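Structure, ensitrelvir included.
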Amino acid sequence: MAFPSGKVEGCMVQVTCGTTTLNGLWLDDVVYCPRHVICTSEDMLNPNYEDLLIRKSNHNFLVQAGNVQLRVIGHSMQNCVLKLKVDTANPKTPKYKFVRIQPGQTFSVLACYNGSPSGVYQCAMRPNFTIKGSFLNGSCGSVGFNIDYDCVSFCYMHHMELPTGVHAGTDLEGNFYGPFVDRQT
Ligand SMILES: Cn1cnc(Cn2c(=O)nc(Nc3cc4cn(C)nc4cc3Cl)n(Cc3cc(F)c(F)cc3F)c2=O)n1
């Protein structure tokens, strides 16, 4: 039962900080993405995110909507998500809300790679707050949603695959579902 993905496809962007790259969600004039993007490969195992944040400037972020670069004019960190303020509002922004779902609820996921939509499928949140998704490498920042009439409810931002092959992430305010932390361990 996956929801049609057209309204979300127009919101996906590629976010690059140095050589680390993942997917971002562009709504109005804000891009949301996992804060993990500010890690170099050596920081990924045990990042000090407050320190890494101090060291970055707006011009260290490259945001691409397709072949169009968007100018970053502000950035801030909210729990495990980074919010990049860009100088252009997304003209395909749908009506949307952010919601936090519970175990047992289902949602659709738009898997993206390097900012480009790749597939859509339905998932359920398990009681241990993991999901059995279909995510490959490069899918970090892909989002889960439901459609509520005309309104897109965003409920899941993908961060990591765990050793057993299931997946974990945050709501759109950056709070993990479950007892996980955004580090490569
Ligand atoms: C197999 N699989 C299924 N889902 C995933 C999701 N995922 C991902 O796509 N990427 C990750 N690490 C990165 C490596 C990078 C190399 N470059 C050049 N840029 C990169 C950017 C990322 Cl995000 N990871 C690992 C991971 C991502 C996190 F956000 C986190 F907090 C901890 C982690 F261990 C990953 O799971 N891969």
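Chain A residue numbers are taken from the PDB entry; in order, the displayed residues are 6-190. Just so you know, these numbers use all the heavy atoms, side chains as well, and skip hydrogens, waters and symmetry mates. Counting convention: from 1, in listed order, for ligands and their atoms alike. Structure method, as recorded: X-ray crystallography, 1.9 Å.
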Give every ligand number or chain letter for ensitrelvir.
ligand 1
Tell me which macromolecule has the most close contacts with ensitrelvir, using the naming in the PDB entry.
3C-like proteinase nsp5
What is the residue list for the binding site of ensitrelvir, using non-hydrogen contacts under 4.0 Å?
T24, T25, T26, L27, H41, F140, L141, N142, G143, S144, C145, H163, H164, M165, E166, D187, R188, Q189
Taking distance alone, with N or O pairs closer than 3.5 Å, would you say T26 contacts ensitrelvir?
yes
Relative to the heavy atoms of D187, which atoms of ensitrelvir are at a distance of less than 4.0 Å?
31 (F)
Just need the protein heavy atom nearest to atom 11 (C) of ensitrelvir, so name the residue and atom and give the distance.
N142 OD1, 4.4 Å
In chain A, which UniProt domain contributes the largest share of residues contacting ensitrelvir?
Peptidase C30
Atom indices of ensitrelvir, in the order listed, that fall short of 4.0 Å to a heavy atom of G143:
8 (C), 9 (O)
Report which residue and atom the deposited model joins to ensitrelvir by a covalent bond.
none
How far is atom 13 (C) of ensitrelvir from the closest protein heavy atom, and which atom is that?
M49 CE, 4.6 Å
So which protein heavy atom does atom 35 (C) of ensitrelvir come closest to, and at what separation?
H164 O, 3.5 Å
